[PDB]
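In this structure, aprepitant is found bound to Substance-P receptor.
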Amino acid sequence: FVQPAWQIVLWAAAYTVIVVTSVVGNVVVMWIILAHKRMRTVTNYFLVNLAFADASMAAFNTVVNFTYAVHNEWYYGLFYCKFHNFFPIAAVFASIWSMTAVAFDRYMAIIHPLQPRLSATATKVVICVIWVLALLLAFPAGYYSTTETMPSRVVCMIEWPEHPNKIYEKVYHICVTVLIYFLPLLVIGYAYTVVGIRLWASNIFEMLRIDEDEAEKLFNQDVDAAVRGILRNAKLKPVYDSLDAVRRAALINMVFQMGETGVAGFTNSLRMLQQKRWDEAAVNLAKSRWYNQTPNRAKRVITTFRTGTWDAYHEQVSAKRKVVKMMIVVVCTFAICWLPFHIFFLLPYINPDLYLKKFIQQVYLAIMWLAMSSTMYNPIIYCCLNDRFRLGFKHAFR
Ligand SMILES: C[C@@H](O[C@H]1OCCN(Cc2nc(=O)[nH][nH]2)[C@H]1c1ccc(F)cc1)c1cc(C(F)(F)F)cc(C(F)(F)F)c1
């Protein structure tokens, strides 16, 4: 029953913010990639499709969807009634599956580099298929939309054929919710977790392979035998228990080079690590005869004890790591923005009366604002994280 003018003008301002920031931002992003085109990569060519879909939904739907919510009267006739219910499903499908396409491309490059699935001509075919499938799934929702003429007003509502329980409308609604949200988010989730583990994480067998024609190494057995020996030694066991997985590997790396008895000698450095004085321990171990003879290896073991990370056994300036951080943020934004929207339309199946009660109009306006804002965050994410994109937007200033 809450209907104040002070609120309506305030909402329209918050809503127009979406339209302006989504058209400007995404067109600049489209521009940056498409021309120069000295930056036209498989990942970026997909991002262009996502930039189009975003700027597109914002132009067409934000205006029409806000007016109807506020006024409860359809002003744009049967054609735009059908179109405003068709295009959002097509635009959301094309966006989420373009995101998946970038995830597949990174996975195939990080995980399977010998098999190349990157092709210029094919990218256009993928973007082509994405849109064919998108407009097909959106079609039934557009088909059944119609305007009912009444004495006081014109109403835009979607009415499916009269079935004994009208199961088709519900099934379709559920399927759309899967293809547009749950299914691709699961797929994107899987790729970036495997790729996340490969780019950031490592292990003792990888470490020992680096630090240590000719036969192959036999670490598999020796690593478990090194662990058994450390837990037998009274000078080494307490230190080892206090250490995390990454630091435990640094201690075993040394036992592999000097041996249990040799490593047991660094009494002070070992009491420092136990006490968790990483920087202090790192300074002391650098003064050893171990460091003087093998500085490169010793520098790697020391920096592992100090940082508690695999940073020493991975390239310093990594461009592959920057893009994955960007894309993960973009996906998590989508997931956050669309969840209340999907829950909102999913509830009439649990409690039908709960929806047609209280002042849900103020809620639907808050829920619909978040969903539509997903359309503007992407250019901001590209500038906040990536070096070239922020220089590109900087170049678009007069
Ligand atoms: C067109 C509209 O659809 C909803 O409003 C009408 C009823 N409709 C249930 C229905 N009954 C049918 O028979 N067909 N659809 C709703 C619905 C349909 C599919 C869903 F997954 C969730 C809700 C819609 C869809 C999305 C999308 F695509 F993101 F979901 C985004 C937006 C916007 F952002 F512009 F507000 C608007």
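Sequence positions, counted from 1, serve as the residue numbers for this chain. As the structure lists them, so they are numbered: ligands from 1, and atoms in each ligand from 1.
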What are the numbers, counted from the N terminus per UniProt, of the transmembrane segments of chain A with a heavy atom under 4.0 Å from aprepitant?
3, 5, 6, 7
State which residues of chain A, listed by UniProt as binding CP-96345, have a non-hydrogen atom closer than 4.0 Å to aprepitant.
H173
Which residues from other chains neighbour aprepitant at a non-hydrogen distance under 4.0 Å?
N65, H84, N85, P88, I89, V92, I158, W160, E169, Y172, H173, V176, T177, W338, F341, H342, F345, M368
